[PDB]
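Position 1 is the first residue of the sequence, and the numbers go up from there. These numbers come from the heavy atoms of this one structure, side chains and all, not from hydrogens, waters or symmetry mates. Whatever order the structure lists ligands and atoms in, that order sets their numbers, starting from 1.
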Amino acid sequence: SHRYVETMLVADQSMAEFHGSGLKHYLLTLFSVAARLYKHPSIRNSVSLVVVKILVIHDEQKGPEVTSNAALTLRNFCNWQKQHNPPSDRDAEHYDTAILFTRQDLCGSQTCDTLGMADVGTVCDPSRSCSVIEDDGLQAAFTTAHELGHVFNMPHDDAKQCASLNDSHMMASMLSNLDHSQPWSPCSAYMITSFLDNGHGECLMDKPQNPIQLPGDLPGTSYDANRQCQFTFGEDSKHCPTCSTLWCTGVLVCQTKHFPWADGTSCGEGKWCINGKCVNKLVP
Ligand SMILES: CNC(=O)[C@@H](NC(=O)[C@H](CC(C)C)[C@H](O)C(=O)NO)C(C)(C)C
Ligand SMILES: [Mg+2]
Ligand SMILES: [Mg+2]
Ligand code: NA
Ligand code: NA
Ligand code: NA
Ligand code: NI
Ligand code: NI
Ligand code: NI
Ligand code: NI
Ligand code: NI
Ligand code: NI
Ligand code: NI
Ligand SMILES: [Zn+2]
């Protein structure tokens with residue numbers, strides 16, 4: 001039995017200004033990647049992330065107050081989105097979850113290293129099914145997937161409860177090398193399973209009506225190395241030096257956040273990046 005996560009994607013003025021006309025494709029590209037992660041067999045469930053609504057905030061007053069404070073930005077957001085949801089799931093534009101993208105550097109109660117935030121186990125509560133995501137380039141697709149984990153009640157993989165069952169998975173509290181063959185830990189698989197078995201995802205049973213089409217291409221087909229560097233380091237950045245770490249310009253100064261090149265990214269004629277390796281596009 002199939003879960004469809006009817007989603008609204010929302011992007012603030014910083015996003016509108018940075019991305020201009022390409023913003024909606026960018027959001028859908030981010031979400032296509034997350035949607036793929038949620039189809040991986042390791043999650044032990046059938047889960048379909050679909051978009052039913054996008055809102056861009058060209059006008060700051062028509063959005064929530066976005067600030068550097070992650071949990072307030074999230075509280076501002078989760079309240080504001082309520083007004084934008086029809087009350088029956090019968091309405092084609094009714095969403096089970098809302099996600100805010102900002103270029104604003106989000107900060108926790110210690111550092112601004114924070115890349116996103118969500119509340120835990122909220123997926124079918126319209127007043128709390130929310131997450132906020134820092135757009136630091138195409139890595140935001142993983143941030144999205146991670147925060148939607150929490151919304152599905154998965155805790156961090158280093159939490160006491162995950163000891164029996166289990167930093168190489170989606171719900172690692174810090175980024176490391178993701179185990180591309182099994183992105184979801186045994187703890188994540190069990191915790192989302194329990195949540196749904198306990199009947200907490202009843203709003204995820206109904207199919208989307210006229211959902212917004214997700215890009216079927218890999219993200220590096222849309223966005224070359226220079227473009228990815230621009231997403232992370234601003235429009236004046238471009239690619240420096242392959243596939244494992246993207247270095248970007250900033251004398252020749254280059255810099256990195258230690259992220260991989262997006263899957264699909266060209267690394268020479270007839271080759272492109274997959275799981276941080278430059279492989280042939282035609283597979284033998
Ligand atoms: C390179 N930086 C990181 O890994 C940061 N981690 C995060 O930002 C987490 C999200 C990642 C997508 C794992 C976030 O704190 C979270 O748990 N959201 O629910 C650090 C640990 C430096 C704060
Ligand atoms: Mg509305
Ligand atoms: Mg030089
Ligand atoms: Na941040
Ligand atoms: Na930061
Ligand atoms: Na987990
Ligand atoms: Ni303000
Ligand atoms: Ni493991
Ligand atoms: Ni410009
Ligand atoms: Ni310029
Ligand atoms: Ni290059
Ligand atoms: Ni560094
Ligand atoms: Ni990797
Ligand atoms: Zn987390």
Peer 1: Which of acetohexamide, marimastat, clomipramine would you find at ligand 1?
Peer 2: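 Out of the options, marimastat.
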Peer 1: What name does the PDB entry give to the macromolecule most in contact with marimastat?
Peer 2: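 Largest number of contacts: adamts-1.
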Peer 1: Give, by chain and number, every residue with a heavy atom within 4.0 Å of marimastat.
Peer 2: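 Heavy atoms under 4.0 Å: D113, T114, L115, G116, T143, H146, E147, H150, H156, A172, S173, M174, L175.
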Peer 1: Do any nitrogen or oxygen atoms of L175 lie less than 3.5 angstrom from nitrogen or oxygen atoms of marimastat?
Peer 2: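 For marimastat, there is an N or O atom that lies under 3.5 Å from one belonging to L175.
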Peer 1: For marimastat, is there an N or O atom under 3.5 Å from any N or O atom of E147?
Peer 2: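 Checking marimastat against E147, an N or O pair does fall under 3.5 Å apart.
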Peer 1: For marimastat, which atoms have a heavy atom of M174 less than 4.0 angstrom away?
Peer 2: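 So the answer, numbered in order with elements, is 4 (O), 21 (C).
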Peer 1: Among all protein heavy atoms in this structure, tell me which lies nearest to atom 8 (O) of marimastat, with the distance rounded to 0.1 Å.
Peer 2: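 Ranking protein heavy atoms by distance from atom 8 (O) of marimastat, first comes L115 N, 2.9 Å.
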Peer 1: What's the shortest distance from atom 5 (C) of marimastat to any protein heavy atom, and which residue and atom give it?
Peer 2: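 The protein heavy atom lying closest is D113 O, 4.2 Å.
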Peer 1: For marimastat and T114, I'd like to know whether there is a polar contact (N/O to N/O, distance under 3.5 Å).
Peer 2: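 No, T114 has no N/O under 3.5 Å of an N/O on marimastat.
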Peer 1: In marimastat, which numbered atoms sit nearer than 4.0 Å to a non-hydrogen atom of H150?
Peer 2: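 Matching atoms, with element in brackets: 19 (O).
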Peer 1: Can an N or O of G116 be found at a distance shorter than 3.5 Å from an N or O of marimastat?
Peer 2: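 So marimastat has an N or O lying under 3.5 Å from an N or O of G116.
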Peer 1: Which residue holds the protein heavy atom closest to atom 6 (N) of marimastat, what is that atom called, and what is the gap in Å?
Peer 2: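 Protein heavy atom at minimum distance: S173 O, 3.3 Å.
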Peer 1: Could you check whether any other ligands or ions come closer than 4.0 Å to marimastat?
Peer 2: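 Found: ligand 14 (zinc ion).
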Peer 1: Help me out: UniProt Zn(2+)-binding residues in chain A, which have a heavy atom under 4.0 Å from marimastat?
Peer 2: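 UniProt binders with a heavy atom in range: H146, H150, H156.
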Peer 1: So for marimastat, is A172 a polar contact partner (N or O within less than 3.5 Å, distance only)?
Peer 2: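 Among all N and O atoms of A172, none is under 3.5 Å from an N or O of marimastat.
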Peer 1: Looking only at protein heavy atoms, identify the closest one to atom 17 (O) of marimastat and say how far it is in Å.
Peer 2: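 Looking at atom 17 (O) of marimastat, the protein heavy atom closest to it is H156 NE2, 3.1 Å.
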Peer 1: State which organism the PDB entry lists for chain A.
Peer 2: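 It's listed in the entry as Homo sapiens.
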